[PDB]
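Caption: erythromycin together with Macrolide 2'-phosphotransferase, bound form.
Numbers in chain A track the PDB entry; the residues on display, in order, are 2-301. Read the numbers this way: they start at 1 and go in the same order the structure lists the ligands and their atoms. Header lists the method as X-ray crystallography, 1.4 Å. Worth knowing before you read on, the calculation uses all heavy atoms, side chains too, and leaves out hydrogens, waters and symmetry mates.
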Amino acid sequence: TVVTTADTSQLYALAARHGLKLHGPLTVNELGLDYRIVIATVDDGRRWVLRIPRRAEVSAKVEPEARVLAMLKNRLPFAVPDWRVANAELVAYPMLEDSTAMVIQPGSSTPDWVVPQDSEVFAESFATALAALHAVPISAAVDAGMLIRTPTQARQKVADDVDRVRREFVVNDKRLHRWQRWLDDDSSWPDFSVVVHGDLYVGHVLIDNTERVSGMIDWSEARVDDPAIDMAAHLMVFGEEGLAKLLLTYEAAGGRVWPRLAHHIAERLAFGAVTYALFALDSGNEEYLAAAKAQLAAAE
Ligand SMILES: CC[C@H]1OC(=O)[C@H](C)[C@@H](O[C@H]2C[C@@](C)(OC)[C@@H](O)[C@H](C)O2)[C@H](C)[C@@H](O[C@@H]2O[C@H](C)C[C@H](N(C)C)[C@H]2O)[C@](C)(O)C[C@@H](C)C(=O)[C@H](C)[C@@H](O)[C@]1(C)O
Ligand SMILES: Nc1nc2c(ncn2[C@@H]2O[C@H](CO)[C@@H](O)[C@H]2O)c(=O)[nH]1
């Protein structure tokens, strides 16, 4: 006998309760704070992703996300997870076998690989894919019960997040002033909202062998909100040059822009410190909290 991390008997029983018969290789990621993620082979010869909520508060999020994905399926020219099982104890979908646009070993802080800066096919297809997502009608989001933020509500959410961090943490004065100046800078903020992915970066984008965007995964943060939310990570990973190329093609593909969009994206990226700190706080994880506190106290 050999000790293995996966509990095959419990996983089999769980899947079988939802009409899936596990048979063959599987792999387990337990590093998620909210879900256990298993990639398992099923008797259809196919690999499936089992997204297993850990606790009642996580399970509560399954039904609304399922409605989002069901709405998005026909309205995007790329693949999203097809949640053929979606309930409080299990989400399961056939694996989208195309690679993520970055590869990282679980637990590692350094990727093995990220789609290259000079991949024009990736850059271009990510820009058009993003324009397509942001073109999903608001009416479809409303009909699917999505979280909707008007421009005023979008700005209020950012203000609320900043204020929550200010209450719970001690923040570098210049950082605080940056965020406040941003919140007060009317010209930075868009006069419309769009359907956003909400957690979009190379690790949640799938690409085919040619590096063309073919899918997006991990839609739990999707909502109607500020478009720049989905562009901050592109600026981090690909720099100002990558951002410039993105904005030209996004606009050419029909994406709605505004004159200070590039500036706003950079402020959104800086606001990632707030997002991280609140994630750390809500996680209860002391290592994440240690990192957040150190970042917040530090000068940018
Ligand atoms: C390049 C490759 C690296 O990716 C990033 O830099 C991108 C660009 C971050 O997004 C950036 C940009 C942005 C906008 O998110 C896309 C911003 O919100 C976050 C804070 O930082 C990611 C993804 C962050 O995750 C996000 O952290 C959120 C607190 C919660 C969110 N999710 C579970 C809800 C989650 O995905 C976060 C913190 O870096 C993940 C930890 C694990 C890492 O340190 C890992 C190792 C990363 O360094 C990375 C994978 O190697
Ligand atoms: N290539 C691929 N990776 C996935 C899929 N679903 C989940 N993942 C991986 O598992 C993580 C948690 O959902 C993701 O961030 C990816 O690394 C999928 O359908 N295709």
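- In the structure shown, the parts corresponding to erythromycin are ligand 1.
- Geometrically, erythromycin and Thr276 share no nitrogen or oxygen pair separated by less than 3.5 Å.
- The single protein non-hydrogen atom nearest to atom 27 (O) of erythromycin is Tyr277 CD1, 4.7 Å, given as residue, atom name and distance.
- Taking atom 1 (C) of erythromycin as the reference point, the nearest protein heavy-atom neighbour is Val238 CG2, 3.9 Å.
- Counting heavy atoms closer than 4.0 Å to erythromycin, residue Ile230 contributes nothing at all.
- Close contacts between erythromycin and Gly273 involve ligand atoms 20 (C) [criterion: under 4.0 Å to a heavy atom].
- Remark: minimum distance from atom 46 (C) of erythromycin to any protein heavy atom is reached at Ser110 O, 3.9 Å.
- Entry annotation: the source organism of chain A is Escherichia coli.
- Taking every non-hydrogen atom of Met237 and a distance limit under 4.0 Å, the qualifying atoms of erythromycin come out as 6 (O), 8 (C), 11 (C).
- Set against the non-hydrogen atoms of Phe280, the atoms of erythromycin under 4.0 Å away are 29 (C), 30 (C).
- Across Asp219, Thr111, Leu270, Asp200, heavy-atom proximity to atom 26 (C) of erythromycin is greatest for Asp200.
- Among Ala233, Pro112, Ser221, the residue whose heavy atom lies closest to atom 14 (C) of erythromycin is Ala233.
- For atom 7 (C) of erythromycin, the closest heavy atom belonging to the protein is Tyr202 CD1, 3.7 Å.
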